[PDB]
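To keep things clear, I will list the structure first and then write my remarks on it.
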Amino acid sequence: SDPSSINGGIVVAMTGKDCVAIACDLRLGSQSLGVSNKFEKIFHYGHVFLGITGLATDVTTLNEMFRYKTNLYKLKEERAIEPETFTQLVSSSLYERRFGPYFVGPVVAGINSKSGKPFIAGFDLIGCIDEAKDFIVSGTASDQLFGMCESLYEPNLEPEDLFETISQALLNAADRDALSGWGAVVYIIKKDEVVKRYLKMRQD
Amino acid sequence: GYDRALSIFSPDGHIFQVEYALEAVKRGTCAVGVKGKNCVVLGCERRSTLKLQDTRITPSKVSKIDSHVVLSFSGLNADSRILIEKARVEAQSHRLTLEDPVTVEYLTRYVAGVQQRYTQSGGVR
Amino acid sequence: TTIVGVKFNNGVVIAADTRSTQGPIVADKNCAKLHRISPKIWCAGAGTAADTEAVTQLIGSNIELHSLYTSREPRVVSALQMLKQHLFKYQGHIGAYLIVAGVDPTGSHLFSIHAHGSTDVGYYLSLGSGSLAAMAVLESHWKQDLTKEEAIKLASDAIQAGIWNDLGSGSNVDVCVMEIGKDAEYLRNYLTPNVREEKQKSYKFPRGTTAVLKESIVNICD
Amino acid sequence: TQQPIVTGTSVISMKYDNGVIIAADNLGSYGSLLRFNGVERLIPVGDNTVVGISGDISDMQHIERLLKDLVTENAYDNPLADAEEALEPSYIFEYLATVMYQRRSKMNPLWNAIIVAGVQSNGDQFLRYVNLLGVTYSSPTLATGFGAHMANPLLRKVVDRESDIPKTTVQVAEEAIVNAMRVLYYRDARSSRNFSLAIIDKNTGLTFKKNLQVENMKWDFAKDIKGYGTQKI
Amino acid sequence: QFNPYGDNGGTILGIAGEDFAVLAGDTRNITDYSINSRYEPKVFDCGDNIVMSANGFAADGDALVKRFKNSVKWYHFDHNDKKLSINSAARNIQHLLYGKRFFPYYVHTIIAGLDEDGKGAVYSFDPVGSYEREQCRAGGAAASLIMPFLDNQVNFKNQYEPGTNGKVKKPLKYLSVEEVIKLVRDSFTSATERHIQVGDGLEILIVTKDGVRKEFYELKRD
Amino acid sequence: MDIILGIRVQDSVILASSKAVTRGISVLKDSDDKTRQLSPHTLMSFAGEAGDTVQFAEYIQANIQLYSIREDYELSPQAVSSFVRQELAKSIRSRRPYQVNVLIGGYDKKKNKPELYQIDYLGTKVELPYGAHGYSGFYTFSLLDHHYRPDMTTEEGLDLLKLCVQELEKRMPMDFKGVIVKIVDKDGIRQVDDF
Amino acid sequence: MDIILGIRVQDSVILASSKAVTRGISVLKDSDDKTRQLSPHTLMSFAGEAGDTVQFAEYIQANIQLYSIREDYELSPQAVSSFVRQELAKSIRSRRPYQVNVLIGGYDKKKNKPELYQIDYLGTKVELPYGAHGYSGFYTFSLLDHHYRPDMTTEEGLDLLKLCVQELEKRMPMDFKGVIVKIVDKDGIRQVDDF
Amino acid sequence: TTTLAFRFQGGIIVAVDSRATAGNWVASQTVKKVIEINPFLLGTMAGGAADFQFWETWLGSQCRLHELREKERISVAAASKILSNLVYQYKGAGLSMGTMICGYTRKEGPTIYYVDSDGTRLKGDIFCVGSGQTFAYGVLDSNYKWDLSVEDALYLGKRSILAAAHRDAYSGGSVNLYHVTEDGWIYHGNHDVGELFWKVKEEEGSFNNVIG
Amino acid sequence: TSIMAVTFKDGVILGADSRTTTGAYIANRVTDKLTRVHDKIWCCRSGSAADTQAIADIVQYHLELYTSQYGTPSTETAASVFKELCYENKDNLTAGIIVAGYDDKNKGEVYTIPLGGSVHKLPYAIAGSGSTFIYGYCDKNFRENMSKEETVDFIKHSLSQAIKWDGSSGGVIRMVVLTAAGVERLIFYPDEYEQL
Ligand SMILES: *[C@@](C)(CO)[C@](*)(O)[C@H](CC(C)C)NC(=O)[C@H](Cc1ccccc1)NC(=O)[C@H](CC(C)C)NC(=O)[C@H](CCc1ccccc1)NC(=O)CN1CCOCC1
Ligand SMILES: *[C@@](C)(CO)[C@](*)(O)[C@H](CC(C)C)NC(=O)[C@H](Cc1ccccc1)NC(=O)[C@H](CC(C)C)NC(=O)[C@H](CCc1ccccc1)NC(=O)CN1CCOCC1
Ligand SMILES: *[C@@](C)(CO)[C@](*)(O)[C@H](CC(C)C)NC(=O)[C@H](Cc1ccccc1)NC(=O)[C@H](CC(C)C)NC(=O)[C@H](CCc1ccccc1)NC(=O)CN1CCOCC1
Ligand SMILES: [Cl-]
Ligand SMILES: [Mg+2]
Ligand SMILES: [Mg+2]
């Protein structure tokens, strides 16, 4: 009965030379029982990408909530929300439920359309912003991901090289966690093109 | 506890207490065992200086250790009961742990082991 | 965390480390613990990270509105009063431990606030898990009539004590100087004595190392 | 299973070029009550070792008796008891470390933190820690209780690693110890002003200093502090 | 109520090569948020070309090493100075650990050396005596950080041959002592960055047919 | 309440639900239908806490029927499942949450495709080819992983379902008194009487 | 372990014992014989804590068999039941008691009478015309109160027993996988293979 | 864990996974869960690693002493009962064991005995033990017949572990196969789930839930 | 804490140590526990720092608003406001407060308010953890109508002992003198009071 580790799952994000990458596993389980291998944890609102780990019902609820809020934002502002602004919206929304929080570990990733600067950020369940130059990790194999990223990562990686680094970080972290795995997805994000790749990994 | 080494070696290399125990066997009533092609037969002597005996209740010379093994003896009658009892207990203990009744060799080996233990234990003959 | 505050001749200086933990794991190696309440009132925060940021922003927001309403520069005691009454109301459940400092028309000030809403006044203060390491240094080297440069040195030395000796604290030293009659200068990463050494090997993979099942272009446009 | 009753607070220590220094205050606390004031918590063993003990005082007195008895037992049938076969600091420590771990393993611990400071026969500085759990470790500076949190940071500014030991004199080392004791008096609510200090040097031997006091304290700045925020008077 | 266990932190790492084996471990000793020692070794030469480390609760760790060292001594006395093979040592350690099955040694034991064919060997134990020979094992506080990295770099897990459509795996091969030490150093610098209980120094013990060599490297002290 | 299963095949969705209602040491009933029709082409089975199950099922049923009358239009299975999920997602943070797990089998008439949704009491929704709630999954999932194919017929799906029930009857501790099987397809909802 | 029944009729004692061995959510075995022959004309069925049941049954079996060899004589059912009770009565105040309930069915050859003894894990012995352990009694006792007669035949007793098993299969929550039935009479012990 | 062993026309198949876990931490993917006790006896391990590794090894020592003393290989019944009587002495102390003593002897034939830490001892034809036992049962039961060939029986044992390895989070790594005949046990290789899953998916056409 | 308030011929004097603790750590060694609620009505704070501060802040607000409408409040009135807060919120407060003030009519007055929220008017009052050790001393040494110098010595010697025995008390001895003359602040450092 630990909300954050009932369903399981992981998300990781990285920066590169004029690009960002965000990746997640596909597992949804009920403790030991694997239930679904199609449960994607990364969503996007315009060009801003959001990954969410933790309790699956809250993952779904928050996705629907941020779609709701970014749609109204766009109608009133007459422009797409930027990663820096969206990061603040996520923090506000999570802290609004300070004493009854969503059991989640969200991760923002995207490129600012005006400045062109790559941006990533992470949060705890009550909305504390964790900004980073290099990488952000989240989920039941966060310890594993921290170890993989801290050793494998180097700055200013090209999109094609960055793909390899983030993928290997996720896969090898997922294989050392019982509640993560069962497939994986990687998003490579450039200024005006976004490639999505499904990884082949062990299915146990 | 009584500790005295009663069974000990002598200058000529004999253990007199064991050898004197054989004399007690030599005094005992005769017992014979003959095995055929598909059977074994145990014969036993009963001395006839005892009339007015009640043969219904008098301890029989041949004893069942299990349903498939028997034991006869010659020597001190009181001593034999102790060996028979130990043997019967070990027979049931073997069935309990191994889930199979004792072999005749195993049962013999156990009884013989008991007898040996009394030849180099303190305070016993 | 380790956070400190030190008063000097013509103002006050505050400092902080830059480690953010998640159990025994370092979540952020260079997080900012110095917060701006108003242009010349700054705040060092320890405890629950979300709470220190949220409570400092809320009071900062209300201070700005108050400043505009009264046509006056905000006072440190106003921020102090608003913070303590907020924290007290929540009976310690908002885990914010703050060192509040700044300059205003009354003068220069230095306070600390605890989660349950109690406030303290002092010439030198330290809060957080590494406060004992820091307070040891402050109690050893503090004196009356410190200069600006002496107070920065003392403050950063007190943070360093926390960085090295406390496992809760680490990485870099952030400083903010608030002098009377001058703009407050925020010295982000004032010291960086924990630079990561060159790695023994590059872990750049040959292209094609990762096995792929599907590719697809994602539509971000309308 | 125990609970400590009469207790002793921090024991602090460090190494310097020719030997080791160790100190501990003279207080025997009874919870919040500062009950006993004449309590010596540094106990010499021979002319080359000093054992500093914190925690339960009844258990400290038991350990005193064990060490006292150890000296007696070593002298038995030993013509070189005051020479080559004298008790070394390393022997005394290992004995205590053995006892502490055995007692924790029987779920009946000696509720103490102990620091054995001394100089070996070959001149080498000895300084090692052991506690109720049987945990042992050595370091240029060692401290128990609040000393671990407040003294170590200050003493490590003097001797931060091994190579700083030859560069540290007895004058500089003692100064740092005395300063640490003052800081503990400011900040530890179960400490006293009075304390004892001991130096074990490879040349000048054992120097035991009793009835020391914390002095040169800063309190004058208190008069300027009024209220807790808004008060002006 | 008295709690007989404690956590002294630290982390250890064993890797096996073709004709050698390394057993590394940081030199930091801690309790809660305090540093006890920056240099307290916990990797030991136990004789017969067997190196050992028991990480976790140091009191239990020391006791175990002490007992195994003694077990080696009596093995010589009782069996005509015969060399204790690494496989025999491993089985002996199981019985030492399992002997306290109902009041366990709170430690993660790793031993390293050469097997009877002269090839590198690493065995790892749980607290109650279960053991397994492996090419690779991290233990202790930062084990979860280091281990997945080793799977990737030592055993080449999740790495496929470029251009083979993820059909051909990257072939297994022995690493040189130079390449292994590179991985050890990078593993510990990464662990130091993200784990608070890991730092100060790194001590590596290398085991070849010629004997037991040592190497020491500084780690970040925050 | 205990056993509810669901299998999506080529042209239909099949729901199987146990008939037993047990109370303490007594099986009170052996013919219980653990399902409600939400709309002509949408069926919801349920299992969980006593009372909560039926109360929740009928509450959803009423809301979907209200929608159908208002708009003179049938909501898609996807739309119904999202409504149900939100209601459960609200519930979990209430003073007293609905402890009800559901399977929603429906036939989307616009897409001409069968759809099976699994939703637990927390509001955790997933679309699946085959689904189960409770301990049933621990037997059936592995079995279906092996024998299931995406292009199966309704008859093949019923045989696949028989294989599951047989396994449950062999290895499950409790007697769940067989199952009621219902099929959802283009022509609506119908019950298999002989199973 | 769960269901053990016993019925004493005119000329015999009939014991029925469930075949299921369940562990967690898995029926490990459906052909388990929960009984031991203590002597040619004495049979003991058992139910309770896992491990304890067989360990206790075999321990008693060994002791009665030892007695039989020593005296070349079969102990009466009454004598055996008193021995068993005393062992359980010792057990209940031990460091770890045997959590085993037993029924002892026997035919006394001296009296030419069948005898059924019910003994629980506390050492509570009673001679009965019909007996049961666990939840089984809550169904069977009332049924037997109605249908049982003291002069019944073995065949009438088996039909009476079928009536009990049917009721248990209808109203019991758990699937106990039928029963093994054994008859104790003047000619000894035999098993009914088709039940 | 997931372990199984079933009896059939051509002897006994024994299959196990190779994962070890400490909570959600995957500690190992290469653990041996079959003990080679003697050339005719096998023992499977599900529960506490140390308990199994220690006591089933000890069991082998007791089996060796039996054949020295009795000049005859120990029966599967007697071997299993030594272990069951041992763990019964420790009942309540907290041992965690679910094992299967599998072997062939002349008098018994192929025999499997389930033994666990609360003292249960059961002879049987089919058993699955471990956290993923139910997943293995599902596939095994639905495909089991007595008249299976040696080739088909080996595969079913392998496929059943794979099924559990896939669904059970605490099962995986690789499959270890064994076949026990009148002549003794024969090892049938280590099979990594990494490669085995995709190989089985493609060739068999199963596992359609997974993104191919 | 160790705190006290003592009436005398010319008015009343409040006294306090300066130690604030978190367990055995001294969070503040120069604390000011003597706080103003009105010109010549002050209080000594013991118990929770947060609670006593929050209470004192509210009382100061009430008495300021009282003064705006009805002029200078009596010391009794101030004590009643403290009582009202302490009593009605007894379940959520840990505050032991001594109220002391100087009227011209009533001269020096002392009211003590323990945990319950009861009010007790006394010639002198002692409170806080360290007060337990000086009940004997204070009872034997207190006299009515003492002089300023005698009352200062009485408080100094009393708190000196309370500090000596109580680990939860220490630092400097702060005092506040309330008379017709005005308001005087006094401080006494360890080097003086320890060797008394
Ligand atoms: C020093 C470093 C030690 O305290 C400083 O005081 C810093 C202060 C800076 C960062 C402002 N303190 C922390 O870093 C603080 C320590 C801490 C941890 C937990 C409780 C209280 C204090 N760390 C945090 O606040 C982290 C910050 C992260 C990186 C955003 N947050 C967490 O650890 C949260 C705690 C949230 C919380 C909830 C309810 C009451 C109190 C705090 N915990 C998690 O995220 C754990 N878990 C992860 C999996 O998803 C579910 C939540
Ligand atoms: C499947 C794979 C899991 O359900 C199987 O059941 C396997 C059987 C194989 C290994 C023979 N079981 C396990 O993997 C087993 C699960 C388990 C654990 C503990 C009790 C019962 C069952 N895992 C273990 O035994 C692991 C082995 C690996 C090498 C770590 N060991 C532990 O969990 C140990 C010892 C457990 C223990 C038992 C009795 C008394 C004390 C301890 N514990 C730890 O390692 C603790 N943990 C390690 C990480 O650091 C934090 C503490
Ligand atoms: C003497 C010391 C004792 O009577 C005095 O009465 C002074 C009164 C002056 C300062 C007004 N009292 C204290 O110093 C007071 C003692 C105390 C402690 C706990 C409850 C009631 C009274 N100390 C405090 O109020 C401190 C001051 C902070 C450090 C600035 N606060 C705490 O110790 C907080 C308060 C929490 C609390 C508990 C019960 C009621 C209200 C508030 N306690 C902690 O933070 C506990 N801490 C958790 C982390 O581990 C260390 C202990
Ligand atoms: Cl205060
Ligand atoms: Mg799995
Ligand atoms: Mg640090």
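Residue numbers begin at 1 in each chain, while the letters A, B, ... track the order of the sequences. Recorded method is X-ray crystallography, 2.9 Å. Shown: partial entry. Contacts: counted within the shown part. Note that these values count all heavy atoms, side chains included, but never hydrogens, waters or copies made by symmetry. Counting starts at 1 for both ligands and their atoms, in listed order.
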Tell me the drug found at ligand 1.
carfilzomib (bound form)
For carfilzomib (bound form, ligand 1), which chain gives the most heavy-atom pairs within 4.5 Å, and what name does UniProt use for it?
Proteasome subunit beta type-2
Neighbouring chains of carfilzomib (bound form, ligand 1), heavy-atom cut-off 4.0 Å:
A, C
Looking at this entry, which organism is chain C from?
Saccharomyces cerevisiae
Which residue, and which atom on it, receives the covalent bond from carfilzomib (bound form, ligand 1)?
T1(C) OG1
What name does this entry use for chain A?
Proteasome subunit beta type-3
Report the UniProt active-site residue in chain C closest to carfilzomib (bound form, ligand 1), along with the least non-hydrogen distance to 1 Å.
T1(C), 1 Å
Binding-site residues: carfilzomib (bound form, ligand 1), 4.0 Å heavy-atom cut-off:
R98(A), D124(A), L125(A), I126(A), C128(A), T1(C), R19(C), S20(C), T21(C), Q22(C), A27(C), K33(C), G45(C), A46(C), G47(C), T48(C), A49(C), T52(C), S129(C), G168(C)
